[PDB]
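Working notes for the structure below.
A note on names: the letters A, B, ... follow the listed sequences, proteins ahead of strands, and every chain is numbered from 1. The figures that follow rest on heavy atoms only: side chains count, while hydrogens, waters and symmetry mates do not. As the structure lists them, so they are numbered: ligands from 1, and atoms in each ligand from 1.
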4 protein chains.
Amino acid sequence: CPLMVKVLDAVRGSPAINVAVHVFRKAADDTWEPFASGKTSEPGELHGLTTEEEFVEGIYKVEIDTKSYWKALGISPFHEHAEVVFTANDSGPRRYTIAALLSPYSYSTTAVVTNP
Amino acid sequence: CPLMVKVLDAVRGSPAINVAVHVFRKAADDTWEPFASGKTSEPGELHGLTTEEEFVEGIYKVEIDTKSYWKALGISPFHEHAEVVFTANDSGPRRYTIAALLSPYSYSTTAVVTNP
Amino acid sequence: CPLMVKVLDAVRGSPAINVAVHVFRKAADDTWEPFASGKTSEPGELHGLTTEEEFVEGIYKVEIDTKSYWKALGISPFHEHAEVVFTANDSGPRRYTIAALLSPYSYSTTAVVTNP
Amino acid sequence: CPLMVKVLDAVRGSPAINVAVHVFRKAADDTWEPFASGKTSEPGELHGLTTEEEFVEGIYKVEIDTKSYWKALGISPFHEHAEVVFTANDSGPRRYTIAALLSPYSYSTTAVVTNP
Ligand SMILES: O=C(O)c1ccc2nc(-c3cc(Cl)cc(Cl)c3)oc2c1
Ligand SMILES: O=C(O)c1ccc2nc(-c3cc(Cl)cc(Cl)c3)oc2c1
């Protein structure tokens, strides 16, 4: 999979299930174009977002709807969403895991980038 | 100072100095209006962004130009920038510290919301 | 696997390979007894540390030798090691993933706990 | 103040107040000698732990009693405590801030090492 998202919950010590994720690609007119979307499944993972052929060089945005997640557990969170923005495949194709660790008033995000 | 920003470097164990920060407010029309900007000082802080009068309830975005910071150090970074999007709510007096901890392929952010 | 360790590198955006990990269990005389050890493999994972039958209730310590890792890349890190200490299986058997994200002057750790 | 400790709560977006901290120094004989302790104050800080005279090169351990902090809030935590182990080196004047960000199943820590 060229693009995978992994979300974890720091409060419950569990994968973050049913979290909505939207991915955008920057178009030539500098607007964000919709690229792919999905919801995390039971291990907190979102697979199947794109293919190698479609995932060309560009600037991508991964938006994680953290607010809906915390609201469904009763918590009013601080952030509206978590956004990760990066250039992808500018030196050739890579495989990208975007991971996020979520708390109500905090989040962390890292990237694991591997060369197939 | 209802709004302060603090930026730390996880690679060198130092405040992140000379980091550009821009702050935006969501307009009645769905777009981001420039609200305030600055560069972090020696203790990695940015003060004096707004006043109690102007800092009304709303949705705000803090953008931190992480990519120029790592490029200045000779380290190749993943993210184009770090963004923090949140709602500011009147519900007591409230001062906001937005803190960010930076690594080349990872960042963390938290909010410290106190009341004087 | 009842106990799995996952280590990531925040500087290179890669799994942390060949990291030594030592696991201890608190004995009845309040000393730390050696329980298991290993080195992370290519995806940054350490499997095979114990079995369900051997992994009884108790207090466990997972020590990750972060210093040797950073020294082998040329960096003098801040921490001597990263230690995670927790009670395990006190409500029945669980499966535990201990994850760590490493920078030279920082680290993060979380736990994912699942009920088989 | 060559040594300061700061503790933040990621669940409530607040300084972590009344957290017990103990500091240890590694003795010529491989054991941890008590060096200093205290409880965090309102801004989540612990000051006045040592002096420039006493704070000699060595290996130090900072232990943060996270488990009592979460139990006070009615939240079931994973870790028994958070420990930070590091070497203090004479190589310039150096003041150490040890910062920790706390969630029930996760914590992060960083060091801010500056020079006056
Ligand atoms: O690729 C996977 O399977 C995978 C697994 C566990 C993982 N744990 C982390 C993780 C840990 C901390 Cl403390 C902070 C953040 Cl942002 C991430 O990312 C993971 C990725
Ligand atoms: O030295 C201070 O005064 C001071 C202030 C705010 C601070 N916020 C951080 C912080 C942020 C994140 Cl996301 C993760 C971690 Cl571990 C730490 O450390 C601080 C230190």
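Of all chains here, the one making more contacts with ligand 1 than any other appears in the PDB entry as Transthyretin. The drug assigned to ligand 1 in the PDB is tafamidis. Other chains with a heavy-atom distance under 4.0 Å to tafamidis (ligand 1) are given as A, C.
Per the entry, the species of origin for chain A is Homo sapiens. Annotation: atom 1 (O) of tafamidis (ligand 1) to nearest protein heavy atom, C/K6 CE, 3.8 Å. The shortest contact between atom 15 (C) of tafamidis (ligand 1) and any protein heavy atom is with A/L101 CB, 4.0 Å. Residue contacts with tafamidis (ligand 1) leave out D/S106, since none of its heavy atoms falls under 4.0 Å from the ligand. Proximity to C/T109 (heavy-atom distance under 4.0 Å) selects the following atoms of tafamidis (ligand 1): 13 (Cl). For atom 17 (C) of tafamidis (ligand 1), the closest non-hydrogen atom on the protein side is A/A99 CB, 4.0 Å. My check of the UniProt L-thyroxine-binding residues in chain A for heavy atoms under 4.0 Å from tafamidis (ligand 1) returns A/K6, A/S108. Under 4.0 Å from tafamidis (ligand 1), there are no other ligands or ions. Atoms of tafamidis (ligand 1) lying under 4.0 Å from any heavy atom of A/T110, numbered from 1 in the order shown and given with element: 16 (Cl). The closest approach between a heavy atom of A/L8 and any atom of tafamidis (ligand 1) is below 4.0 Å. For atom 16 (Cl) of tafamidis (ligand 1), the closest non-hydrogen atom on the protein side is A/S108 O, 3.5 Å. Residues in other chains coming within 4.0 Å of tafamidis (ligand 1) by heavy atoms are A/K6, A/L8, A/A99, A/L101, A/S108, A/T109, A/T110, C/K6, C/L8, C/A99, C/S108, C/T109, C/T110.
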